[PDB]
S.K.: 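Model shown: Aldo-keto reductase family 1 member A1 + fidarestat.
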Amino acid sequence: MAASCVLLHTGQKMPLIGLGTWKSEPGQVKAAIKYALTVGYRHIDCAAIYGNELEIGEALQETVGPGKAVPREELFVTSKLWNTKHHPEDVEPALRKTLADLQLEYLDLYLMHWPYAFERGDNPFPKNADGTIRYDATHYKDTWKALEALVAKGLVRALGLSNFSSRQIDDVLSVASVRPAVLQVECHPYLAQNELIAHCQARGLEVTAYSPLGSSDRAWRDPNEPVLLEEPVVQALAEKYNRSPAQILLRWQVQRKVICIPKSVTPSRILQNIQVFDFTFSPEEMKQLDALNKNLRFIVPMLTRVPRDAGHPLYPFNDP
Ligand SMILES: NC(=O)c1ccc[n+]([C@@H]2O[C@H](COP(=O)([O-])OP(=O)(O)OC[C@H]3O[C@@H](n4cnc5c(N)ncnc54)[C@H](OP(=O)(O)O)[C@@H]3O)[C@@H](O)[C@H]2O)c1
Ligand SMILES: NC(=O)[C@@H]1C[C@]2(NC(=O)NC2=O)c2cc(F)ccc2O1
């Protein structure tokens, strides 16, 4: 396929570039999936909360499997367990719904989307009349053991974590019979995650960078905050290498051996996003991109300012 891979501790090879699907709407996502698969993507990043798994499933049924264009075994599919589904009794039903929507037998990777839980039910964002969330106190260690039962059932090959801090990861590892294979977190030159990455490396977790292009797609942008794709150093390197700024951002990550899942529905961008394995940055150029680190996080749960979940005791970002 188009991308090089990293070996997870499970023995699975995970492509260093995957297709992100948040905000890829029903009515466009089937085309994005089909285009990406045809040009050599072998890694898709999904989530129940994105509201598009049913359509992704139609794309997969037509394109992936026996007698189809892509063998199932060559495809890496990630999905994620949503916050309202942390209770042990809800974990299997949640995965089974995802598998039915995606029209798959099994997932290659299943992540706990966030370390904290929302009230059980069929409202993905259960809330009060003030707009604040109704939380649930199910601990992630309890959810983890429920997730482990899914591996024993042959429904998921590997488990992982999304938006966990180093302390929370260590906490999961203290009870894990099945070790998490992957940590998925926001990561790009403004939020380099150097220490967290080193932490994962020590414990055998590979890291996937979400929002690796700075999620210019996002609906709550501070006009005052810098745009990653517009960073002068990035644009300078883009000119030098005859590449797009997005390719610079992506190259930086895959050169660090960090998995990236850029989202696009634009065929030309989908193609360029995976073409990041034919050039290399010098040690000085890597240092220049490394210097951009500024502890600037773009992806934070917000309400009607203001951080929505930032006051929760199990909020992952409050640690350094
Ligand atoms: N685990 C989590 O809590 C979590 C959180 C956030 C994201 N994610 C995952 O990570 C994925 C990526 O993050 P993201 O979607 O927030 O943002 P992103 O991939 O950093 O950026 C997406 C935006 O960049 C544009 N784009 C894509 N390729 C481009 C290119 N080559 N040149 C210029 N613009 C380009 C896209 O526009 P077009 O589509 O119109 O081309 C879209 O507006 C998500 O889709 C999701 O799968 C996970
Ligand atoms: N702002 C945030 O931190 C998160 C991000 C997030 N996108 C994502 O891929 N995982 C997320 O949880 C998201 C996705 C949704 F479908 C709705 C809201 C939402 O908010």
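Chain A is numbered as in the PDB entry; the shown residues are, in order, 1-304, 309-324. We read in the header that X-ray crystallography, 1.9 Å was used to get this structure. Note that ligands are numbered from 1 as they come in the structure, with each ligand's atoms numbered from 1 the same way. The basis for the numbers below is simple: all heavy atoms, side chains too, and nothing from hydrogens, waters or symmetry mates.
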S.K.: Enumerate the ligands or chains that make up fidarestat.
M.R.: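 The drug sits at ligand 2.
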S.K.: Please tell me if atom 20 (O) of fidarestat (ligand 2) is touched by the protein, where touching means a protein heavy-atom distance below 4.0 Å.
M.R.: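 Flag for atom 20 (O) of fidarestat (ligand 2) set to false, no protein heavy atom closer than 4.0 Å.
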S.K.: With atoms numbered from 1 as shown, which atoms in fidarestat (ligand 2) lie under 4.0 angstrom from a non-hydrogen atom of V300?
M.R.: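 With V300 as reference, the close atoms of fidarestat (ligand 2) come out as 1 (N), 2 (C), 3 (O).
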S.K.: For fidarestat (ligand 2), which atoms, with element, lie under 4.0 Å from some heavy atom of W220?
M.R.: 1 (N)
S.K.: Should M302 be counted as touching fidarestat (ligand 2), given the test is an N or O pair under 3.5 Å?
M.R.: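 There is no such contact.
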S.K.: Run the contact test for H113 against fidarestat (ligand 2) with a 4.0 Å cut-off on heavy atoms, strictly below, and give the result.
M.R.: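 Yes, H113 has a heavy atom closer than 4.0 Å to fidarestat (ligand 2).
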S.K.: Would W114 count as being in polar contact with fidarestat (ligand 2), using the rule that some N or O on each side must be under 3.5 angstrom apart?
M.R.: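 Yes.
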S.K.: From atom 3 (O) of fidarestat (ligand 2), work out which of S215, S162, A47, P301 has a heavy atom at the shortest distance.
M.R.: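 Checking each option, the heavy atom nearest atom 3 (O) of fidarestat (ligand 2) is found in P301.
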S.K.: Which of the numbered atoms in fidarestat (ligand 2) are under 4.0 angstrom from any heavy atom belonging to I49?
M.R.: 16 (F)
S.K.: Below the 3.5 angstrom mark, is there an N/O of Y50, backbone or side chain, next to an N/O of fidarestat (ligand 2)?
M.R.: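 Yes, at least one N or O pair falls under 3.5 Å.
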S.K.: List every atom of fidarestat (ligand 2) that sits less than 4.0 Å from any heavy atom of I299, numbering the atoms from 1 in the order shown and giving each element.
M.R.: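 Those of fidarestat (ligand 2) that fall under 4.0 Å from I299 are 2 (C), 3 (O), 5 (C).
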S.K.: Could you tell me, for fidarestat (ligand 2), which of its N or O atoms are under 3.5 Å from any protein N or O, listing the pairs and their distances rounded to 0.1 Å?
M.R.:
residue               : atom   : partner : partner atom : Å
fidarestat (ligand 2) : 1 (N)  : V300    : O            : 3.2
fidarestat (ligand 2) : 3 (O)  : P301    : N            : 3.1
fidarestat (ligand 2) : 9 (O)  : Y50     : OH           : 2.5
fidarestat (ligand 2) : 10 (N) : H113    : NE2          : 2.8
fidarestat (ligand 2) : 12 (O) : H113    : NE2          : 3.4
fidarestat (ligand 2) : 12 (O) : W114    : NE1          : 2.9

